[PDB]
Asks: 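I'm reviewing an experimental structure with vaniprevir and have questions.
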Amino acid sequence: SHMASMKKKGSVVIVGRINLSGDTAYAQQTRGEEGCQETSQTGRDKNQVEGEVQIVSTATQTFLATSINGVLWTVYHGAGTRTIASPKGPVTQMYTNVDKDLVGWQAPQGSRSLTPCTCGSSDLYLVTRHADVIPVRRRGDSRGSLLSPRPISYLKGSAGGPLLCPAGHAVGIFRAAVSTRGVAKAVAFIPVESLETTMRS
Ligand SMILES: CC[C@@H]1C[C@]1(NC(=O)[C@@H]1C[C@@H]2CN1C(=O)[C@H](C(C)(C)C)NC(=O)OCC(C)(C)CCCCc1cccc3c1CN(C3)C(=O)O2)C(=O)NS(=O)(=O)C1CC1
Ligand SMILES: [Zn+2]
């Protein structure tokens with residue numbers, strides 16, 4: 001009820017990227033913790049952005065965001081309704097869908113977008129925040145099985161990251177792990193066709 005002292009949530013901040021440009025996938029950090037905290041408050045991020053898969057953080061969480069068709073997408077369960085920091089200040093979401101666990105902002109200048117997959121292939125690859133490339137067999141519209149199961153710890157913080165086909169097109173956005181006794185045997189994703197439908201609504 002004390003309106004003048006009510007706080008605002010900070011912006012999502014890009015703090016690094018998963019580099020997939022070469023022969024080796026690796027994580028790069030582009031901003032440290034103090035800079036991230038400051039940038040979340042101001043919403044003003046003048047760092048150069050590159051690549052398709054960004055590592056993003058709020059004050060309380062860190063996860064991934066993936067550019068597809070000129071939109072930087074991530075999970076609602078990480079970003080909520082937050083703005084993203086940008087060179088000219090905070091940028092409001094252009095897509096928000098809590099039912100899909102999906103949000104999106106206009107892709108930052110300097111980023112590159114993945115192309116939506118039209119291959120109809122079921123041999124997929126999940127990219128994690130540690131730049132592991134994990135083979136996943138597609139098992140339905142929104143699920144795929146890990147060829148080698150992992151503790152959920154290994155996948156934590158990778159929501160918002162891509163599932164890719166063999167040619168490196170975007171097939172989906174990772175949202176949840178299918179876990180039993182802490183072991184992830186499968187992953188649940190937002191299919192790229194669902195993003196494409198969201199882009200038409
Ligand atoms: C640990 C690596 C996981 C990727 C990850 N995500 C999660 O942790 C999501 C967040 C939350 C729970 N969850 C799970 O993965 C849980 C789990 C393992 C924690 C036990 N699994 C599950 O419920 O399976 C049940 C299943 C039926 C398969 C759900 C299907 C999806 C159904 C669904 C549909 C529509 C909307 C929503 C859902 C689920 N949803 C909203 C939602 O908010 O889920 C993460 O790394 N997050 S993160 O650390 O980056 C975080 C900072 C952002
Ligand atoms: Zn493809």
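Heads up: numbering here begins at 1 and tracks the sequence. Below, each value reflects all heavy atoms present in this structure, side chains not excepted, and no hydrogens, waters or symmetry copies. Going by what the header records, the deposited coordinates were determined by X-ray crystallography, 1.5 Å. We count ligands from 1, going down the list as the structure has it; atoms in each ligand are counted the same way.
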Asks: Could you help me spot every copy of vaniprevir here?
Replies: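 Copies included, the answer is ligand 1.
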Asks: Taking atom 4 (C) of vaniprevir as the reference point, report whether a protein heavy atom occurs under 4.0 Å from it.
Replies: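 Neighbour list for atom 4 (C) of vaniprevir includes protein heavy atoms (cut-off 4.0 Å).
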Asks: Considering only non-hydrogen protein atoms, determine which one is nearest to atom 50 (O) of vaniprevir and report residue, atom name and distance to 0.1 Å.
Replies: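 For atom 50 (O) of vaniprevir, the nearest protein heavy atom comes out as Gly157 CA, 3.2 Å.
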Asks: Is it the side chain (CB and beyond), the backbone, both or neither of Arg150 that lies under 4.0 Å from vaniprevir, heavy atoms counted?
Replies: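 The answer is neither.
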Asks: Identify which of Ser153, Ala176, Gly161, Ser158 has a heavy atom lying nearest to atom 31 (C) of vaniprevir.
Replies: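 Nearest heavy atom to atom 31 (C) of vaniprevir lies in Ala176.
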Asks: Identify, for atom 1 (C) of vaniprevir, the protein heavy atom at the shortest distance, and state residue, atom and that distance.
Replies: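 Going by distance alone, atom 1 (C) of vaniprevir is nearest to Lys156 CA, 3.7 Å.
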Asks: Of the choices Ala186, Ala177, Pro151, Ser57, which has the non-hydrogen atom that lies closest to atom 16 (C) of vaniprevir?
Replies: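 Among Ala186, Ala177, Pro151, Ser57, the closest heavy atom to atom 16 (C) of vaniprevir comes from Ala177.
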Asks: Under a 4.0 Å heavy-atom limit, does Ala184 contact vaniprevir with its side chain, its backbone, both, or neither?
Replies: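 It is neither; nothing of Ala184 touches vaniprevir.
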Asks: What protein heavy atom is closest to atom 30 (C) of vaniprevir, reported as residue, atom name and distance in Å?
Replies: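 So the nearest neighbour among protein heavy atoms is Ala188 CB, 3.8 Å.
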Asks: To which protein heavy atom is atom 45 (C) of vaniprevir closest, and what is the distance rounded to 0.1 Å?
Replies: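 Looking only at protein heavy atoms, the one closest to atom 45 (C) of vaniprevir is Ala159 CB, 3.5 Å.
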Asks: Is at least one protein non-hydrogen atom found at under 4.0 angstrom from atom 37 (C) of vaniprevir?
Replies: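 Flag for atom 37 (C) of vaniprevir set to true, protein heavy atom closer than 4.0 Å.
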Asks: Tell me the contacting part of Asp99 for vaniprevir: side chain, backbone, both, or neither, using a 4.0 Å heavy-atom threshold, strictly below.
Replies: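 Only the backbone of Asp99 comes within reach of vaniprevir.
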Asks: Which residue supplies the protein heavy atom nearest to atom 32 (C) of vaniprevir, what is that atom called, and how far is it?
Replies: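 Among all protein heavy atoms, the one nearest atom 32 (C) of vaniprevir is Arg175 NE, 4.4 Å.
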Asks: Quick test of your reading of the structure: of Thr180, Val98, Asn97, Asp101, whose heavy atom lies closest to atom 41 (C) of vaniprevir?
Replies: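 Answer by nearest heavy atom: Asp101.
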Asks: Check for me whether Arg143 has a heavy atom closer than 4.0 Å to any atom of vaniprevir.
Replies: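 Contact check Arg143 vs vaniprevir: positive.
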Asks: Classify the contact between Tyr76 and vaniprevir as side chain, backbone, both or neither, using a heavy-atom distance cut-off of under 4.0 Å.
Replies: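 It is neither part, as no heavy atom is under 4.0 Å.
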Asks: Given the protein's heavy atoms, is any one of them under 4.0 Å from atom 47 (N) of vaniprevir?
Replies: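 Yes, there is one.
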Asks: Provide the binding site of vaniprevir at 4.0 Å, counting non-hydrogen atoms only.
Replies: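 The heavy-atom contacts are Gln61, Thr62, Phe63, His77, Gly78, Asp99, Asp101, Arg143, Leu155, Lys156, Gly157, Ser158, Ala159, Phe174, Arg175, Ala176, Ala177, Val178, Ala188.
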